[PDB]
Participant: 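As an example, take this structure containing indometacin.
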Number of protein chains: 2
Amino acid sequence: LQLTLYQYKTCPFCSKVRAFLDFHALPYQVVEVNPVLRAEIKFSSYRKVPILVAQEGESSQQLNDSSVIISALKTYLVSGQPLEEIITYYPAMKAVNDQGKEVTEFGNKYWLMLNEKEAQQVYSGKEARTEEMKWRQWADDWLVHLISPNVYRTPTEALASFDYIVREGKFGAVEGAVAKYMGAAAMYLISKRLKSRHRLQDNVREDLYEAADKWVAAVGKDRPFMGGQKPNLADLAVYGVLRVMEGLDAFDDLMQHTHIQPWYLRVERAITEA
Amino acid sequence: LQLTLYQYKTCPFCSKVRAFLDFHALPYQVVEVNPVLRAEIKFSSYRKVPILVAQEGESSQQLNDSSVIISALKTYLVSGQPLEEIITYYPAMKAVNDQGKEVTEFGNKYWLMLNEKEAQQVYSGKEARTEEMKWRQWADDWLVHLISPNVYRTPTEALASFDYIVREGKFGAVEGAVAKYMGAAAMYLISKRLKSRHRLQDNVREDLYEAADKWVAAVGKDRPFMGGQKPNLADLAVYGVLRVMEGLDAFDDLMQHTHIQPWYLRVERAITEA
Ligand SMILES: COc1ccc2c(c1)c(CC(=O)O)c(C)n2C(=O)c1ccc(Cl)cc1
Ligand SMILES: COc1ccc2c(c1)c(CC(=O)O)c(C)n2C(=O)c1ccc(Cl)cc1
Ligand SMILES: [Cl-]
Ligand SMILES: [Cl-]
C-alpha cells in the first residue's frame, strides 16, 4: 500500500490528512502542488487538493475529499476491507447551487463504515462515535473559517503569512516573489470580506479564542483527548486545522490567551511518538 | 408509536415520506401546513417541512429532513433500536454559505444505520445498498428540479398547478384566491429562471423524459423494482417525487412519452397492497 499525497503544505485540509497519516504512522510520499498552475494535479478530474492515491500493487484508488480520505483510510485500517469498496460508501453528490454553480459534497464523509465489532474496538460507546462526527464537522465548517481572517488580519501579518506559504509551498522563483506581495495584498483585503460573510467579530482574534475554549471545554478535564486515552479523528481534525498557523502571530496568540496548548502539545507528542 | 406528519401535500418532499409510510403500512396522522403563515409548524426550530414527530408513550422525537425521516424510520423498522438513538446518526450539519447564508445539511441522510445481519436482510448485496443511496440522491438533487419548470412551464399550466396546490393544500378562502392567480404568475416567471439556473433545456419536457428513461434503464428489465422483488427507498423516492404531478399535463406527458408507467403503476399497487 503506497500512499501519495498531493497537497498545499500550509492548507488546513492537507495538514488534516497529514496529522492522520502521521499519527497512524502510515508511510506516504507527498507531492507539493503549485497553487498557480497546479500541473501536478492535472491527472485528476477532481480539481481540489488534497488528493490521495493509494496504490496496491497494480491497483490504485484516488481518495478526494480531505475528510473522505481520512474516513476511508481509517475504516480500512480497522476493517481491512478493500479500499476500492470502502471509497464506494463515500459518494460524490453533485448538485447545482441556488446560484447555478455545481457543488459536490461527499456522502457520509464523517462516518466510518465499521461493523459492531470493530466499532466497539475504536469507540468508547455510541455517544463517542457521534461526538467526533459532530466535532469533525465543526473543525472544517467553523474552525477553518477563522484561519485566514486571523493570519491576514493585518498587513504585516499578511506578508508573514504569504512569506511562509511561498517558502513552505511550491512556487517558481518568479511567481513566488509576485505571490508574496501581490497575494498578501489580495488576501488581506479578500479576508476582510471573509470575516464579514462568515459573521465574524471585528476582533477576529476573539472568535479564535472562543472556538479554542469551546473545544477544550468539549474535551473536558476527565480525559487527555476527545478520543479518551488516544486522540480520535476529531482531535486530529482540530489539531490539523490549527497547526497550519504554527509560527504566525495568530498561533502565538492562540496559545497565549486560550489554555489550548496543553491539549495541543498532547496531540503533538502522541503523533511524534509515531 | 404515533406518527404525525406535518406537510405540504403537493410537495415532493412530503410525498416522499408518505410513499414510504404508506408502503410500510405505517399509521400516521397528517397536519397540513399553511404555506403562507405556517402556524402549524411553529413549535419547531426546524423551519422546513415535512417534519415528523414520533411519539412513543410519553417520549417523542422530531425527525426533520425528508430523507432523514425515511432513513431513521426505516433503520428503526429493521433494527428496532430506539428512535432517539437512531436520529442521532443523522446530525444537522450547519455551515455558512459562500454567500453568507447558513445552510444545514444532514449527515449520512441516505445511509441506513444497519448491522451486517439486518443489512443482508434488506439488501441484495453490497452493491445494492450503495446503488439506492445513489438513486435516492438523484431523486431529490436532480429529479425534483424538473417538477416546477414543467408544471409551471405554461401560463395555463401554472394556473392548473396552483389550483391543485390551493385545492389540495391548506389556504384561507381569501389567500387561496390570491395565491391561485398571484402564485401562478410568480411561479411561472420564477420557474423560467429555475429552468436556467439548473441548466435545463428549452423544452423542459425533454429533460423530464430523459430523467424518466435514465431511471427505467437503471431499474433494468431483469427486475420489477430497483429493489428487486419489492421497491426500495430509491423506488419510493422517485415514485414519491413524480406522484406530485399526478393530474397535471406534465404527468400525462411523462407517462405518454417515456415508458415509465409500467414501473410507476407497479410501485403504486405495491403500495395500495399495503
Ligand atoms: C498554497 O495554497 C493554499 C495555502 C493556504 C490555504 C489554502 C491554499 C486554502 C484553500 C484551499 O485548500 O484550496 C486555505 C483555507 N488556506 C489557509 O487556511 C492558510 C493557512 C496558513 C496561512 Cl499562513 C495562510 C492561509
Ligand atoms: C404548498 O407548498 C408547496 C407546494 C408545492 C411545492 C413546494 C411547496 C416546494 C418547496 C418546499 O418543499 O418548500 C416544491 C419544490 N413544490 C413542487 O414541486 C410542486 C409540485 C406540484 C405542483 Cl402542481 C407545483 C409545484
Ligand atoms: Cl482548475
Ligand atoms: Cl489594519
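The chain called A is the first sequence line; B is the second; the pattern continues. Numbers in chain A track the PDB entry; the residues on display, in order, are 100-373. So for chain B, numbering is the PDB entry's, and the shown residues are 100-373, in order. All ligand and atom numbering here is 1-based and tracks the order in the structure. Worth knowing before you read on, the calculation uses all heavy atoms, side chains too, and leaves out hydrogens, waters and symmetry mates. For this deposited structure, the header notes the method as X-ray crystallography, 2.6 Å.
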Participant: Where would I look for indometacin in this thing, copies and all?
Facilitator: ligands 1 and 2
Participant: Mind checking something for me? Which chain has more close contacts with indometacin (ligand 1) than the rest, going by the PDB entry?
Facilitator: membrane-associated prostaglandin E synthase-2
Participant: Write down the other chains contacting indometacin (ligand 1), where contact means heavy atoms under 4.0 Å apart.
Facilitator: A
Participant: Which residues make up the contact shell of indometacin (ligand 1) at 4.0 Å, heavy atoms only?
Facilitator: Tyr107(A), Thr109(A), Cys110(A), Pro111(A), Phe112(A), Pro134(A), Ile246(A), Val250(A), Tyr251(A), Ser260(A), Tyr263(A), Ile264(A), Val343(A), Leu347(A)
Participant: Quick check on contacts: which atoms of indometacin (ligand 1) are under 4.0 angstrom from a heavy atom of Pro111(A)?
Facilitator: 14 (C), 16 (N), 17 (C), 18 (O)
Participant: Out of all atoms in indometacin (ligand 1), which are within 4.0 Å of some heavy atom of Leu347(A)? Include the element for each.
Facilitator: 23 (Cl)
Participant: Looking only at protein heavy atoms, identify the closest one to atom 11 (C) of indometacin (ligand 1) and say how far it is in Å.
Facilitator: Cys110(A) SG, 3.9 Å
Participant: Just jot down the indometacin (ligand 1) atoms closer than 4.0 angstrom to any heavy atom of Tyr251(A), in number order.
Facilitator: 24 (C), 25 (C)
Participant: Can you sort out which atoms of indometacin (ligand 1) are near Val343(A), meaning under 4.0 Å from one of its heavy atoms?
Facilitator: 20 (C), 21 (C)
Participant: Starting from atom 20 (C) of indometacin (ligand 1), find the nearest protein heavy-atom neighbour and note its residue, name and distance.
Facilitator: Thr109(A) O, 3.0 Å
Participant: Considering only distances below 4.0 Å, what other ligands or ions surround indometacin (ligand 1)?
Facilitator: none
Participant: I need the atoms of indometacin (ligand 1) closer than 4.0 Å to a non-hydrogen atom of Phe112(A), numbered in the order shown.
Facilitator: 12 (O)
Participant: Can you list the indometacin (ligand 1) atoms lying under 4.0 Å from a non-hydrogen atom of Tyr263(A)?
Facilitator: 23 (Cl)
Participant: Short list, please: which atoms of indometacin (ligand 1) are under 4.0 Å from a heavy atom of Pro134(A)?
Facilitator: 1 (C)
Participant: I'd love to know which of the UniProt glutathione-binding residues in chain A sit under 4.0 Å from indometacin (ligand 1), measured heavy atom to heavy atom.
Facilitator: none
